[PDB]
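These notes are about the structure you will find just below.
So you know, we letter chains A, B, ... as the sequences are listed, proteins then strands, and number each from 1. Start at 1 and go down the list; that is how both ligands and their atoms are numbered.
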Number of protein chains: 4
Amino acid sequence: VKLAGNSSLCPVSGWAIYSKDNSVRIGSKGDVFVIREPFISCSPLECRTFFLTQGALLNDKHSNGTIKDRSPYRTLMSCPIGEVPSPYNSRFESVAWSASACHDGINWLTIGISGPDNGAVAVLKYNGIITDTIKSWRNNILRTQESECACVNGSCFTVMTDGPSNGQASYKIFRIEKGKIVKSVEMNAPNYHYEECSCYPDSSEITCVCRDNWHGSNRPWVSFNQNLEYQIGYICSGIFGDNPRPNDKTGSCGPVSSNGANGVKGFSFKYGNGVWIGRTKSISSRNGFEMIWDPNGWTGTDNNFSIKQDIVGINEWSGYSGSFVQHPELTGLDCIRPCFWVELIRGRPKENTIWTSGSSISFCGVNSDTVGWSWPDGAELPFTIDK
Amino acid sequence: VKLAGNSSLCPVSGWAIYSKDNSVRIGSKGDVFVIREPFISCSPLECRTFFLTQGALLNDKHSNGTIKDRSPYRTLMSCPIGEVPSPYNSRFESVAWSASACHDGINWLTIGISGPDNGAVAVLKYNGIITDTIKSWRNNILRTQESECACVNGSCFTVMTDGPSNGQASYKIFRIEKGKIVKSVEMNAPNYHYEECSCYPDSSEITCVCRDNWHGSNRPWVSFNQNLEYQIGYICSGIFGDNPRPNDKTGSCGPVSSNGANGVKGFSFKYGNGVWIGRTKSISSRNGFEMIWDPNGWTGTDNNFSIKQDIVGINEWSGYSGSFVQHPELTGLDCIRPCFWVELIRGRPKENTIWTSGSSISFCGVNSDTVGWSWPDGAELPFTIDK
Amino acid sequence: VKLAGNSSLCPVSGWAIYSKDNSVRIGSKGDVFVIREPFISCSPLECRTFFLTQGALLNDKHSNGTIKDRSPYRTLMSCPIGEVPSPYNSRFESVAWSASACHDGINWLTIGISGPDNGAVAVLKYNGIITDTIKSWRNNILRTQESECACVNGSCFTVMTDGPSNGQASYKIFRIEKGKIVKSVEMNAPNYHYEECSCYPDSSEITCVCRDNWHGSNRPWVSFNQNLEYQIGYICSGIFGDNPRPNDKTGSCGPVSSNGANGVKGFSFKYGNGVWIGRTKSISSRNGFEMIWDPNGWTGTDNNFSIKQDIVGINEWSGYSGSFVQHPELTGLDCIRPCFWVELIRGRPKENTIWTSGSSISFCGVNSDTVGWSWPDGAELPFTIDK
Amino acid sequence: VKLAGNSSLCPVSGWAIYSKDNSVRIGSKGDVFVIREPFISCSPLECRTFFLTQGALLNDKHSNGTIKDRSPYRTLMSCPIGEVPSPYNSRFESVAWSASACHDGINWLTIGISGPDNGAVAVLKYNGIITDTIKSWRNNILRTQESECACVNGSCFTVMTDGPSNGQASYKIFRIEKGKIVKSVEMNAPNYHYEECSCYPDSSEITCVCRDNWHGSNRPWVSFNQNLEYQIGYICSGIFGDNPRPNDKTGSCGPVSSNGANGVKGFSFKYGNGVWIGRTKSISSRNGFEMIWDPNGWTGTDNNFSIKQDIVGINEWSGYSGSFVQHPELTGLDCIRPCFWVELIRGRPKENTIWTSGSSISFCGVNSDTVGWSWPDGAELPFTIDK
Ligand SMILES: *[C@@H]1O[C@H](CO)[C@@H](O[C@@H]2O[C@H](CO)[C@@H](O)[C@H](O)[C@H]2NC(C)=O)[C@H](O)[C@H]1NC(C)=O
Ligand SMILES: CCC(CC)O[C@@H]1C=C(C(=O)O)C[C@H](N)[C@H]1NC(C)=O
Ligand SMILES: CCC(CC)O[C@@H]1C=C(C(=O)O)C[C@H](N)[C@H]1NC(C)=O
Ligand SMILES: CCC(CC)O[C@@H]1C=C(C(=O)O)C[C@H](N)[C@H]1NC(C)=O
Ligand SMILES: CCC(CC)O[C@@H]1C=C(C(=O)O)C[C@H](N)[C@H]1NC(C)=O
Ligand SMILES: *[C@@H]1O[C@H](CO)[C@@H](O)[C@H](O)[C@H]1NC(C)=O
Ligand SMILES: *[C@@H]1O[C@H](CO)[C@@H](O)[C@H](O)[C@H]1NC(C)=O
Ligand SMILES: *[C@@H]1O[C@H](CO)[C@@H](O)[C@H](O)[C@H]1NC(C)=O
Ligand SMILES: *[C@@H]1O[C@H](CO)[C@@H](O)[C@H](O)[C@H]1NC(C)=O
Ligand SMILES: *[C@@H]1O[C@H](CO)[C@@H](O)[C@H](O)[C@H]1NC(C)=O
Ligand SMILES: *[C@@H]1O[C@H](CO)[C@@H](O)[C@H](O)[C@H]1NC(C)=O
Ligand SMILES: *[C@@H]1O[C@H](CO)[C@@H](O)[C@H](O)[C@H]1NC(C)=O
Ligand SMILES: *[C@@H]1O[C@H](CO)[C@@H](O)[C@H](O)[C@H]1NC(C)=O
Ligand SMILES: *[C@@H]1O[C@H](CO)[C@@H](O)[C@H](O)[C@H]1NC(C)=O
Ligand SMILES: *[C@@H]1O[C@H](CO)[C@@H](O)[C@H](O)[C@H]1NC(C)=O
Ligand SMILES: *[C@@H]1O[C@H](CO)[C@@H](O)[C@H](O)[C@H]1NC(C)=O
Ligand SMILES: [Ca+2]
Ligand SMILES: [Ca+2]
Ligand SMILES: [Ca+2]
Ligand SMILES: [Ca+2]
Ligand SMILES: [Ca+2]
Ligand SMILES: [Ca+2]
Ligand SMILES: [Ca+2]
Ligand SMILES: [Ca+2]
């Protein structure tokens, strides 16, 4: 049965550890893909980790040069949550160096972008069969979420970008039904920049929190209904969510320029005027992770907050993070439950290896007791192949 | 359908070998997790082996230092009984350095504790979805069975301990329904010590046989009904069950102080005034294993027994042991069948390696002919990684 | 339910990338079969890659000498599309050094040829059970498609060749029902040569495009109805499809003798007088791959064409290619969708290794936007075993 | 639904190759169990290979000394037919150094013998649950078929031996229902010797062809009905079936003394007065394999035969062989189809290695065209671990 997606997001006071794969530790000997850009998505029956492989295994010579983002060898694959991504346990999804995926309650939708930078093509699959494609409309790296799309009542929604990563680009919202693009809208967003959106359903509407790689240290957001009527803004909290970013201070409802260039994929959950912000602990590099509840941070610009929970230590590597939800159809609850994942990036450019790869952790929102700690990647670098 | 749990334990005259995984032997070459604290639990359709990984594989450098009990890398995972615990065949359950699991007849309950020693949190999952959490109440290594919880009529039961491992601690019993704690009781047990309980259902009541790490070389027990009304005692038999222990003498109905400090997880099955006792063969180390039937050993203090069956030879490594049961809903019998498993610990601290890991064997009680033998681990240490 | 096979081929404007397995890159470390002659075939539920193993893994000494085509160690196996062919994820099909397979909508049919060159036997299995055999009738390497057979209304069809690969041979067409040969016909085709046919259903009739290894650098074809009444010809286009071949010039409706000796397995899709041709980029070796639409190339001899889409760059290795289809029963479309795969051959005879193996890519035809690129094998040769 | 087992054995004129696993070649790199005593058995849905592992993988140090027959590390496991026996694709069955298994149409029965030579215990499991045990009655290596048991009308039948392998021993036939022994009879067979029976159903009765290890170079047989009323004899053919054996000459309907000591597990299929005999090609060692049709060989003593089909070349290693059948419930045929497997033994005692392991091939009987060839193991010895 189709996910209804019409209930509200469950309010939560804390985050309980849900999974840890130890991928890089295990890949030191085991046959584990070199990956990056992992994300989690759930069906009414199961949660899966999706990821972009480099078409190579850890500790093998073909992991050489895997700091490179886009190549014909990259593929979107998936495995059950918490298991290491191996050629022996992973399902093939598509050929992709940028991707998204989500389940509408009936079948998996996957979106995999491959091809040259000047003419990339997103291939849409529904239940593993090609159902549609869309080609680059600005000829400058067509790219998408690197996290799950959001589903409401049999329609799935995603955001794609085409154009400069360091200046004004073009941003489109899509509605997809059974793998067919049935509507798209280009956002009219002058002076905004959207990359790598983390999108979730909440009361039949979609909220996306994204990355301004151009000139924003706070995160831009876009919200829309099923007809793709939309609103845009930036998270106002002085608790800045991007990385890099400046010191916390008075915020802005527009892009905060200071340290605004570059960024990292991230997420936040809106609750009225309040916001749960996940972010790195460092203002300069992808180190640490923490969750912060700011009760008026969606719309208010002060840097006060009410709850902070430690997730990864400042002296440990982190990386991308993203939202995922668990629908009532899966959980039996009366609301849509918020969860998130964190990518723990190891290797280049911060460490002296020939490769770059990630492992992952994830957490789900609860209203019972939780504890801050650090659950880092834990691998000992360099590896044999690096010697 | 819910497991009734209302029939009695099958009377058994001996133990038939059920499984052996040869994990450490296989892990010399194959990709096998470093694990400890394995245990078995059954649904109405299958038996699974659960275990706490160290987030590392045997014969890899990340196995270095795995004598260490608690870290953020440890995860509870499971695989089909008798198969090696591998990243290619194991299902992820929970992030955990202490755990329990059982099946109510409908879905799996797992309990996984992680976090800092001074503020750990147990995460409960029902069918893999987080359903409850509970925080440490003594701030000193919140910890649980390391074997299966027990289920009666749709409720599951477990025991957790928090506080000193070398003096009076705090012991709680829980009733859990669909992964939610619906009642807990703190045991009023001054001068008793309970760790790592092996609990089983019998005529709608739960009996747990546990480990006194403080000052008892005989095993403490707690029995309770579905309302958590409980009774406590120590096994009276002069056939002492813990390790270390003194040589068999006249026993006691309270804790036997002689060699009472420290211990090993173990189990026993009560039959009226009699008891089936599983224990190491050595009185000083985790070597050997044997099953002993003492017809008056639950309540009586002499050291006379009438059946002894060899399981692991005295010159071979053993370790933890625990009960599991097979319910009528699985077996088609008219009673609950008692079974047990033994963990065979290899590596530190007794052997010259950088790592510690275990393999397992298991047996089921029958009333047909059986035989004693020795079914040891059989790996040849040290391994390549140790040289 | 049986595949009807009565609708027409979907007209297509381009080819969207569907799968890429990265087998050779991954097999540098992981346990991946040495294979050649892969192909894809679909059921109403799933698509699988079939392949002929060499009974050996990459980077192991038993890969030595695997340039050799026929041995008793070769087996037909299959795995899900896009996954690497590993002993841990592959289903065994048959013992075979030449093969075909297809699904009639109810069960898989496989055809596996093994035995001596002077008396080989094809073993037919339906749902994994042996249902028929046919022995060599010319005693000179009985051999078959190395791609999927074609099914219409509960009957499946294939072509086999027996006799010289450098001169006139004998060619038979078979109708197979539930794994039993129910009719066969020997083609009367003087001066034709048919090897390794790629056959697809289209409006209840079968069209095969094959390899002339004797004296044609264009491809021979045969089409037939369910009663095995047949027509024969060569693709007339001056855009020659075989490898090796001459530079494009005026074509022939018979075999083009210029550079006509030898060849490579290939395919083409007929649309009226037009043809989609897949071919290598190099005229002299198995390098590069491209798809070309020639609006009058089935029957016209000019070398003019409308569309070209790049698949593999001319400086990268390619190899065999073949057609596969996805029926309406799988896709929900009102027509039969054409797709194709390409084998990317690495090792001998072109590279300094002891072994020969391939990886694969595949594409499906669509009417939405697509893009040419190069999706090559990507392995770095030689491997450890070659030193 | 229960297998009826009431139709006759299909008459067959030749043997078509069914499977080949290449286990030893693949295990040179991949994670493949050291095994011996493989056998095949089918359910109404699938065919599986069963085997006795040595609790160790190929090319690892724990494969040392695996010439040894009985140890506590040996386990019965199974995998789909034609797949390599790996810890990643194998199902655990039982702890066993002698075994049998068969499917009654409803569930798998496995029988696994372990324990000391003077008191071994067979453990019976039905659907993986222990259902019965039987202990040694002569205290001298209780042992069984090492091939599939035979099922008729919901009852399964096997033969076990206890006592000397070089003189008169004790042989029992068992009827088993839902894993419970419901009847047994001790065979009154002075001067007969029965080891390692290959038994098959045929028209509601069971026929077993076994190994005389005491003083016969032809094979003993026993036939019985569902009530365990039985008859005994030896295959009369002068085409001697055992290994070692003398050169063919006039046979005996009793044990042929010449070269009678020792032997190898094998099989034969009775058709009236005639017999299909599978045997090694060498009269002195386990080399080569061939199928021979002797139209009066069940009952007549001449060495005349009418068909011979080569299976393994005389210069190649062979080993155990055994029957298995495919019932009408699986095949859709109106008779019971005879098939057989051959174990190809590599390593000790004939080759310079520290280990012994086998691969397997299998064939099914057909009435269509077939061919002889050699399908040998193909591994290159010694392995890395041997050097
Ligand atoms: C296991 O861990 C120990 C550290 O706890 C490693 O020993 C160290 O090796 C480094 C060289 O990288 C030396 O500089 C240190 O002095 C060593 N420490 C100690 C306490 O000896 C050891 O190499 C590890 N073994 C592995 C990874 O195989
Ligand atoms: C091309 C712009 C884009 C978003 C800013 O770059 C991303 C930077 C990422 C990063 O900052 O780590 C890595 C991503 N793999 C990459 N995406 C693509 C499609 O290459
Ligand atoms: C902390 C007390 C506890 C019980 C005595 O210690 C156990 C001793 C065990 C042991 O005796 O081998 C190892 C266990 N993994 C450990 N449990 C935890 C949670 O670390
Ligand atoms: C025997 C003739 C045949 C077709 C021309 O050769 C093929 C050449 C092939 C090739 O050109 O690469 C390799 C094939 N495996 C081989 N087929 C067999 C059965 O050996
Ligand atoms: C103990 C007698 C028996 C049959 C003659 O020996 C067999 C000889 C076999 C052989 O000849 O290769 C190997 C078997 N694994 C062994 N069976 C057992 C249970 O050890
Ligand atoms: C959500 O949708 C379902 C299906 O229509 C409906 O029954 C339910 O009332 C809705 N819940 C809301 C609106 O919160
Ligand atoms: C990685 O690539 C660099 C540059 O091509 C090369 O010099 C180096 O040898 C490579 N390292 C490995 C381990 O392949
Ligand atoms: C959801 O979709 C269904 C089916 O298309 C449609 O009929 C209905 O209007 C929608 N329901 C809600 C709650 O919007
Ligand atoms: C156990 O409970 C079941 C379900 O109520 C019942 O059918 C059965 O008779 C009970 N057995 C007892 C009370 O011993
Ligand atoms: C078992 O559970 C059912 C449902 O809650 C209840 O009605 C019944 O009384 C229970 N039996 C007991 C408590 O023994
Ligand atoms: C294909 O066959 C089906 C089933 O007979 C039929 O319903 C359909 O009309 C056919 N399609 C054609 C002839 O195009
Ligand atoms: C491959 O085979 C050749 C010829 O027999 C042999 O000389 C060579 O050593 C082999 N190479 C390997 C790595 O086995
Ligand atoms: C398809 O097959 C069925 C069963 O033989 C037959 O009745 C029907 O006429 C066939 N349709 C055709 C030939 O298109
Ligand atoms: C075999 O037994 C079945 C009943 O179990 C009967 O219907 C059939 O006629 C018998 N004959 C065969 C198929 O051998
Ligand atoms: C196997 O054991 C033999 C005899 O003890 C010994 O000579 C040899 O070194 C061992 N080999 C390995 C690799 O364990
Ligand atoms: C199988 O056994 C019993 C009678 O002995 C009964 O279920 C059935 O009639 C039998 N079927 C036969 C004789 O094939
Ligand atoms: Ca930014
Ligand atoms: Ca605030
Ligand atoms: Ca103690
Ligand atoms: Ca006593
Ligand atoms: Ca040619
Ligand atoms: Ca043209
Ligand atoms: Ca003999
Ligand atoms: Ca004769």
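Modeled at ligand 5 is a drug that PDB records call oseltamivir carboxylate. In this PDB structure, the PDB entry names the chief binding partner of oseltamivir carboxylate (ligand 5) as neuraminidase. Other chains making heavy-atom contacts shorter than 4.0 Å with oseltamivir carboxylate (ligand 5): D.
Counting protein heavy atoms only, atom 11 (O) of oseltamivir carboxylate (ligand 5) is closest to D/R286 NH2, 2.7 Å. According to the PDB entry, the source organism of chain D is Influenza a virus (a/california/07/2009(h1n1)). Between D/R70 and oseltamivir carboxylate (ligand 5), at least one pair of N/O atoms sits closer than 3.5 Å. The contact set between oseltamivir carboxylate (ligand 5) and D/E37, taken as ligand atoms under 4.0 Å from a residue heavy atom, comprises 13 (C), 14 (C), 15 (N).
When only non-hydrogen protein atoms are considered, atom 13 (C) of oseltamivir carboxylate (ligand 5) lies nearest to D/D69 OD1, 3.2 Å. Polar contact check, D/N213 against oseltamivir carboxylate (ligand 5): no nitrogen or oxygen pair lies under 3.5 Å apart.
Annotation: D/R211 places an N or O atom under 3.5 Å from an N or O atom of oseltamivir carboxylate (ligand 5); distance criterion only. Taking atom 2 (C) of oseltamivir carboxylate (ligand 5) as the reference point, the nearest protein heavy-atom neighbour is D/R143 NE, 3.6 Å.
The closest non-hydrogen atom to atom 7 (C) of oseltamivir carboxylate (ligand 5), taken over D/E343, D/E146, D/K265, D/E196, comes from D/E196. Nearest protein neighbour of atom 10 (C) of oseltamivir carboxylate (ligand 5), counting heavy atoms only, is D/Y320 OH, 3.1 Å.
Residues in other chains coming within 4.0 Å of oseltamivir carboxylate (ligand 5) by heavy atoms are D/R36, D/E37, D/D69, D/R70, D/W97, D/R143, D/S165, D/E195, D/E196, D/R211, D/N213, D/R286, D/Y320.
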